[PDB]
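Consider the following structure, which contains flurbiprofen.
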Amino acid sequence: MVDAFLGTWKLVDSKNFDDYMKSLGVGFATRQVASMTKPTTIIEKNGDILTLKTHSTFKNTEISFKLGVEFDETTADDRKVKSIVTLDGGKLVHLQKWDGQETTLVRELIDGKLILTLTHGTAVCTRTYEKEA
Ligand SMILES: C[C@@H](C(=O)O)c1ccc(-c2ccccc2)c(F)c1
Ligand SMILES: C[C@@H](C(=O)O)c1ccc(-c2ccccc2)c(F)c1
């Protein structure tokens, strides 16, 4: 169930995040700070509304959405985007569209860990989170 995603997750591994951030035009000073943060992802539900928070020493984000229903998102870097989150093959797929561009944030559970794959053009970043109590 989507319920297996719920809770508090701490970053334990990251691959190619700098490439992903460069692909979105994130400036070098922000990429430097973000390369060292170890954010917390919190996923909560109330009926069919999910809330996904990310917390770090650099930045906070939060979105709420109904699965399979489009929402407007102002991203952390002030992209004004059209978004949707869905379950697809048991993975939580978050698609953002703006200016004919797309990025996907795909979350899945493997051996109790949460694996986030971030794709924008050719850039693919894999980030691994472990559950907190
Ligand atoms: C989910 C969280 C994380 O990976 O821990 C996160 C936070 C912000 C971003 C982000 C947001 C705006 C531009 C570039 C990257 C991200 F890709 C992932
Ligand atoms: C990964 C996460 C974090 O460190 O908390 C994060 C959050 C915000 C950003 C971001 C990205 C571009 C502009 C402003 C902020 C990021 F690159 C990474």
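Throughout, numbering of the chain's residues begins at 1 and tracks the sequence. In listed order, ligands and their atoms are each counted from 1.
Within the model, the positions assigned to flurbiprofen, copies included, correspond to ligands 1 and 2. Structurally, the greatest contact with flurbiprofen (ligand 2) is made by what the PDB entry calls Fatty acid-binding protein, heart. By chain and number, the binding site of flurbiprofen (ligand 2) (heavy atoms under 4.0 Å) reads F17, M21, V26, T30, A34, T37, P39, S56, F58, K59, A76, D77, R127. Other ligands and ions closer than 4.0 Å to flurbiprofen (ligand 2), given by number and name, are ligand 1 (flurbiprofen). Annotation for flurbiprofen (ligand 2): atoms under 4.0 Å from non-hydrogen atoms of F17 are 1 (C). Considering both main-chain and side-chain atoms, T37 comes within under 3.5 Å of flurbiprofen (ligand 2) through a nitrogen or oxygen pair.
Contact atoms of flurbiprofen (ligand 2) toward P39: 1 (C), 3 (C), 5 (O) (distance under 4.0 Å to a heavy atom of the residue). Counting atoms of flurbiprofen (ligand 2) from 1 in the listed order, those under 4.0 Å from a heavy atom of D77 are 12 (C), 13 (C). Residue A34 has at least one heavy-atom neighbour below 4.0 Å for each of these atoms of flurbiprofen (ligand 2): 17 (F), 18 (C). Residue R127 has no nitrogen or oxygen atom sitting less than 3.5 Å from a nitrogen or oxygen atom of flurbiprofen (ligand 2), judged on distance alone. The atoms of flurbiprofen (ligand 2) that sit less than 4.0 Å from any heavy atom of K59 are 5 (O), 7 (C), 8 (C).
If you number the atoms of flurbiprofen (ligand 2) from 1 as listed, the ones under 4.0 Å from a heavy atom of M21 come out as 17 (F). Here the protein heavy atom with the shortest distance to atom 11 (C) of flurbiprofen (ligand 2) is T30 CG2, 3.8 Å.
My check of the UniProt hexadecanoate-binding residues in chain A for heavy atoms under 4.0 Å from flurbiprofen (ligand 2) returns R127.
Per UniProt's (9Z)-octadecenoate-binding annotation of chain A, a non-hydrogen atom lies under 4.0 Å from flurbiprofen (ligand 2) in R127.
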